[PDB]
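What follows is a model of Thymidylate synthase carrying bound raltitrexed.
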Protein chains: 2
Amino acid sequence: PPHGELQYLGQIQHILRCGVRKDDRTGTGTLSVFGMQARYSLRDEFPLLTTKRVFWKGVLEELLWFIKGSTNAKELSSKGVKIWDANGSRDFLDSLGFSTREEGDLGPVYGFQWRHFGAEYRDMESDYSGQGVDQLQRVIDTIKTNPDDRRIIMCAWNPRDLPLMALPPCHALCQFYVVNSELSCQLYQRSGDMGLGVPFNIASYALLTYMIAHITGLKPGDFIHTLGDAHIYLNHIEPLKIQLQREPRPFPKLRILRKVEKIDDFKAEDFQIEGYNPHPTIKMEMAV
Amino acid sequence: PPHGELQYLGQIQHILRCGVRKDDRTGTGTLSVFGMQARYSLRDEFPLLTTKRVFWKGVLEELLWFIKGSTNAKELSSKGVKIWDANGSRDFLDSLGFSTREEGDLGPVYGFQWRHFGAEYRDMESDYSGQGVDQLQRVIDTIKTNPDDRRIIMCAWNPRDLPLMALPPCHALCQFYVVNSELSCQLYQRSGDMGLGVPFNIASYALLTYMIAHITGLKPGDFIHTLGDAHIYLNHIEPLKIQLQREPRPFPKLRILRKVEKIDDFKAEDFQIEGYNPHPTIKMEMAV
Ligand SMILES: Cc1nc(=O)c2cc(CN(C)c3ccc(C(=O)N[C@@H](CCC(=O)O)C(=O)O)s3)ccc2[nH]1
Ligand SMILES: Cc1nc(=O)c2cc(CN(C)c3ccc(C(=O)N[C@@H](CCC(=O)O)C(=O)O)s3)ccc2[nH]1
Ligand SMILES: O=c1[nH]c(=O)n([C@H]2C[C@H](O)[C@@H](COP(=O)(O)O)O2)cc1F
Ligand SMILES: O=c1[nH]c(=O)n([C@H]2C[C@H](O)[C@@H](COP(=O)(O)O)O2)cc1F
């Protein structure tokens, strides 16, 4: 059976061979394709890429950060994960005309939309308990009890909240699905930085699916990744060309180390990736 | 070059051959597959299906209805199109809890979220002039001023408005994309009745692409249809086996008969389908 990672790389080779040139907001420029889909089995494997070393600690920490509802970049930075610091910096904030905003404050982004969709956002430090829809919880409840439901969706695209956010969410909505005691997730990623964001994003929603499978007594099934604008930034082409030449290695496995009963009780120590020996890291310059 | 229609039929064959048996809200039963994508070209063809007659007037009147921002089945029925009536009727309203709602009042459905996302829904006869977000206008604006934008997005999934609607939307979101003067559109459909809904839906969003292309100066490109739960109801397996035997005739054409400027200007007579020569219609009864 072909390797899970070939979905990703074929998407790469596809964009390199057939992407069209197209300008982007950042000035960098891209080769791009509109609409793609990739299926990654979660069954006795976890799709953390092997053709380059993906920042696992960053994946797990980012997710726990969304779970607890945080729109504070500093809560994440302090766990040693820097990935949102630039989006929360004073300068970046000034550039979007948020001179009045405390730094680290990303606006009403992922964690907020996941746990409080509809609440009126004030700042990153306010308490929102009982405000808006706890979409993440409504998903776990439907799955436990009415698993055949075709509406198990969590959406972060809030048009009322877009003008306040430091970055409009790129993983806009996702849907869970249950058959034969398997929990599958599909992600609509409106915009996908193939070299940098994407491999991370696959680990992210793969993991979310493991967590949710765990607390609901289901076995993980498929992760289905759908992209809108799938782009390779021009400065990523050489590094990616390098990446392609590597033979993929067995995907690692994921061990959840104890019985956890609520999603919010999960802590970093509960997760152990075993058997991960990726090829060496590949730096891609992030466009700003 | 294979016929675009072979994408639709291919998905039916895939479901029938590989779908897992899955229960549904209506107790009808289905054959289900989670996560699919198809790409219909819109260049010098319009993907109205030929392997059975698609109710085109219905497509056209339903879209103008959504554009008008209407949420009243009667304003669509009066134009000879009855597809939303069961959902807007007294008994059905009461069944859902809306003792209080005037007959025809579907709640805050597609038209509302497209035109006035965020506004507190009153009833169907209300005026919502400048009251929530106008996702539709914004999409056209963004295509005109900044075509390269990776956030050209329309969303009907408002978790708050959900418990007020007759049927949570299947057209959960769509994204528009521009490159080399070509406009494309990707629809995310969380739930597809492959027999009844889907062929209608393909036409629907293909039309909207042709409209927005017309008032933005663009040639239409691809429509990408992505699927959440792609099902065939059990009492559709037979009509569809009949349907798979017919050989598709060349897709028809569509012409916009006059230069129109705003999206609201469009009227049913602005559109002519040329060359639509379908096989005889097959009735698929709607599961309830
Ligand atoms: C143009 C752009 N592309 C992105 O991929 C992107 C990603 C994020 C946030 N995000 C979802 C990220 C996931 C991983 C990331 C990253 O830069 N990590 C480096 C390693 C950094 C480290 O080791 O500390 C990497 O994966 O190479 S950034 C924010 C803005 C963006 N902007
Ligand atoms: C379970 C279910 N499946 C659906 O496909 C569906 C579709 C709609 C709305 N919709 C998107 C529809 C599109 C087309 C329709 C229909 O019934 N068409 C007939 C009318 C033709 C005629 O008599 O002239 C048909 O296709 O034959 S209904 C509403 C609830 C649903 N419910
Ligand atoms: O999780 C993410 N994944 C990702 O690929 N991006 C990239 C895609 C794009 O390159 C940029 C967002 O840019 P835009 O808003 O112009 O689509 O970030 C961002 C994330 F947060
Ligand atoms: O445009 C549509 N297309 C469609 O396929 N459905 C179908 C999908 C499903 O069979 C049912 C909705 O039920 P659920 O909400 O349980 O998915 O209606 C409804 C529409 F309005």
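The sequence lines are taken in order and lettered A, B, and onward as chains. All chain A residue numbers match the PDB entry; in order, they span 26-313. To match the PDB entry, the residue numbers of chain B are left as they are there, and the shown ones run 26-313. Both ligands and their constituent atoms are indexed starting at 1 by order of listing. Worth knowing before you read on, the calculation uses all heavy atoms, side chains too, and leaves out hydrogens, waters and symmetry mates.
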What ligand or chain labels cover raltitrexed here?
ligands 1 and 2
Give the letters of all other chains that come under 4.0 Å from raltitrexed (ligand 1) at a heavy atom.
A
Can you figure out the closest UniProt active-site residue of chain A to raltitrexed (ligand 1)? Give the heavy-atom distance to 1 Å, please.
A:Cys195, 7 Å
Should you measure from each heavy atom of A:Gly222, which atoms of raltitrexed (ligand 1) turn up under 4.0 Å away?
5 (O)
Test item, A:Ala312 contacting raltitrexed (ligand 1) (heavy atom, 4.0 angstrom):
yes
For A:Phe225, atoms of raltitrexed (ligand 1) separated by under 4.0 Å from a heavy atom
13 (C), 14 (C)
Check the UniProt dUMP-binding residues of chain A and list those with any heavy atom under 4.0 Å from raltitrexed (ligand 1).
A:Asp218, A:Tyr258
Heavy atoms only: which of A:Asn226, A:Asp218, A:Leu221 is nearest to atom 19 (C) of raltitrexed (ligand 1)?
A:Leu221
Is A:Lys107 in contact with raltitrexed (ligand 1), taking contact as a heavy-atom separation below 4.0 Å?
no
At less than 4.0 angstrom from any non-hydrogen atom of A:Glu87, what atoms of raltitrexed (ligand 1) do you find?
11 (C)
Identify the binding-site residues of raltitrexed (ligand 1) at 4.0 Å, heavy atoms only.
A:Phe80, A:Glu87, A:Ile108, A:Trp109, A:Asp218, A:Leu221, A:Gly222, A:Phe225, A:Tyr258, A:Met311, A:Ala312
